[PDB]
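Numbers here simply count residues along the sequence, with the first being 1. Looking at the header, which is where the method is noted, we find X-ray crystallography, 2.4 Å. FYI, side chains are in, hydrogens and waters are out, and symmetry mates aren't considered; it's all heavy atoms of this structure. Just follow the structure's listing: the first ligand is 1, and inside any ligand the first atom is 1.
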Amino acid sequence: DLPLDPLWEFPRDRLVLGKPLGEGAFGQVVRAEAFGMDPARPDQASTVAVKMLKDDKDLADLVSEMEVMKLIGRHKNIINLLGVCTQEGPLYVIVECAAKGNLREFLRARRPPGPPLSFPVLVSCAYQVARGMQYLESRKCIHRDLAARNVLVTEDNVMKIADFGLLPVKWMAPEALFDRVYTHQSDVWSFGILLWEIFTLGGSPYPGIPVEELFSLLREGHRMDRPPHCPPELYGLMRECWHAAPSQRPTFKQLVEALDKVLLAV
Ligand SMILES: C[C@@H](Oc1ccc2[nH]nc(/C=C/c3cnn(CCO)c3)c2c1)c1c(Cl)cncc1Cl
């Protein structure tokens with residue numbers, strides 16, 4: 001419908017859509033080839049992802065997400081906005097393409113037969129996700145859902161948090177699960193769960209426990225055990241994230257600093 005933004009408007013003519021990528025609630029995402037995305041070289045073709053409506057009240061969320069992405073600006077560890085097609089019919093939101101898919105699938109696809117994903121790589125994944133979450137928090141933005149399937153992997157193993165904005169019960173903090181309140185510290189609880197997903201190479205949280213009585217065990221002070229071959233330093237981080245009192249869990253800065261110290265152990 002309305003405005004035309006000269007910092008972001010990109011012509012349909014140099015966008016040829018490709019094969020779908022997935023989901024997601026807000027609309028289908030499709031691979032696409034864009035021409036001249038870097039106006040330095042207007043030849044330099046590149047692979048981008050395009051978010052569209054399916055065909056709506058989702059038009060409101062789609063425009064809303066686009067405007068949010070403009071506000072936050074770039075960062076290494078989020079899916080960044082590249083341009084928008086508002087001018088000749090259907091809305092297109094062009095964002096960067098993570099070639100290796102989501103992090104849980106990246107992990108599961110390279111699992112041993114039992115007992116590549118060396119220890120620096122997995123620490124590198126956790127460090128990058130912590131850096132992206134700290135940045136989103138610093139822009140007063142947030143991403144409740146945070147789970148390994150919410151994280152995308154580029155061709156060069158850069159982690160990018162998909163979507164952010166200004167049911168998944170095994171990732172939710174107690175106060176969000178029961179009091180329906182969400183803060184940065186409840187993200188830290190979810191990041192702890194994501195940490196466990198990473199060092200189980202894409203495992204399912206609380207294996208075997210159906211999605212009910214989980215809450216009673218959390219009230220008993222129980223939490224998932226240390227996964228195999230996970231060093232005690234990283235399990236310590238996980239359990240600090242799973243402290244019941246929100247102010248006793250670490251902030252994303254402290255998680256950044258602790259993970260960075262683990263990366264430096266080289
Ligand atoms: C619903 C979908 O949203 C997005 C949003 C922005 C994106 N930029 N780039 C990708 C690449 C997705 C992909 C899927 N598979 N592969 C390898 C093989 O094709 C690549 C992508 C996906 C999704 C999916 Cl598709 C997966 N996990 C999380 C989410 Cl949010």
Open item on the list: So, AZT-TP, MAK683, LY2874455, CH4987655, RDEA119 - which of those ended up at ligand 1?
Closed with: LY2874455
Open item on the list: So I'm looking at this entry - what's holding onto LY2874455 the most? Name it the way it appears in the PDB entry, please.
Closed with: Fibroblast growth factor receptor 4
- [ ] Among all protein heavy atoms, pick out the one at the shortest distance from atom 3 (O) of LY2874455; state its residue, atom name and that distance to 0.1 Å.
- [x] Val29 CG2, 3.9 Å
TODO: Under 4.0 Å, heavy atoms only, figure out whether LY2874455 is touched by the backbone of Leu152, its side chain, both or neither.
DONE: side chain
Task: Close N or O approach (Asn102, LY2874455; < 3.5 Å) - done: yes
Open item on the list: Can you help me figure out which UniProt domain of chain A most of the residues touching LY2874455 belong to?
Closed with: Protein kinase
Open item on the list: When you compare LY2874455 with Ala98, is there at least one nitrogen or oxygen pair between them that comes in under 3.5 angstrom?
Closed with: yes
Open item on the list: Just to confirm my output: which protein heavy-atom neighbour is closest to atom 1 (C) of LY2874455, and how far is it?
Closed with: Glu23 CB, 3.2 Å
TODO: Would you mind running through LY2874455 and noting each atom that sits below 4.0 Å from a heavy atom of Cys97?
DONE: 8 (N), 9 (N)
Open item on the list: Give the atom numbers and elements of LY2874455 that come within less than 4.0 Å of a heavy atom of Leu21.
Closed with: 25 (Cl)
- [ ] Give the numbers and elements of all LY2874455 atoms closer than 4.0 Å to a heavy atom of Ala99.
- [x] 16 (N), 17 (C), 20 (C)
- [ ] Give the source organism of chain A as listed in the PDB entry.
- [x] Homo sapiens
Open item on the list: Looking at LY2874455, is there an atom of it that comes within less than 4.0 Å of some heavy atom belonging to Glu96?
Closed with: yes
- [ ] Give the residue and atom of any covalent bond from LY2874455 to a chain.
- [x] none
TODO: Determine, considering heavy atoms only, which of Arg149, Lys51, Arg104 sits nearest to atom 5 (C) of LY2874455.
DONE: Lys51
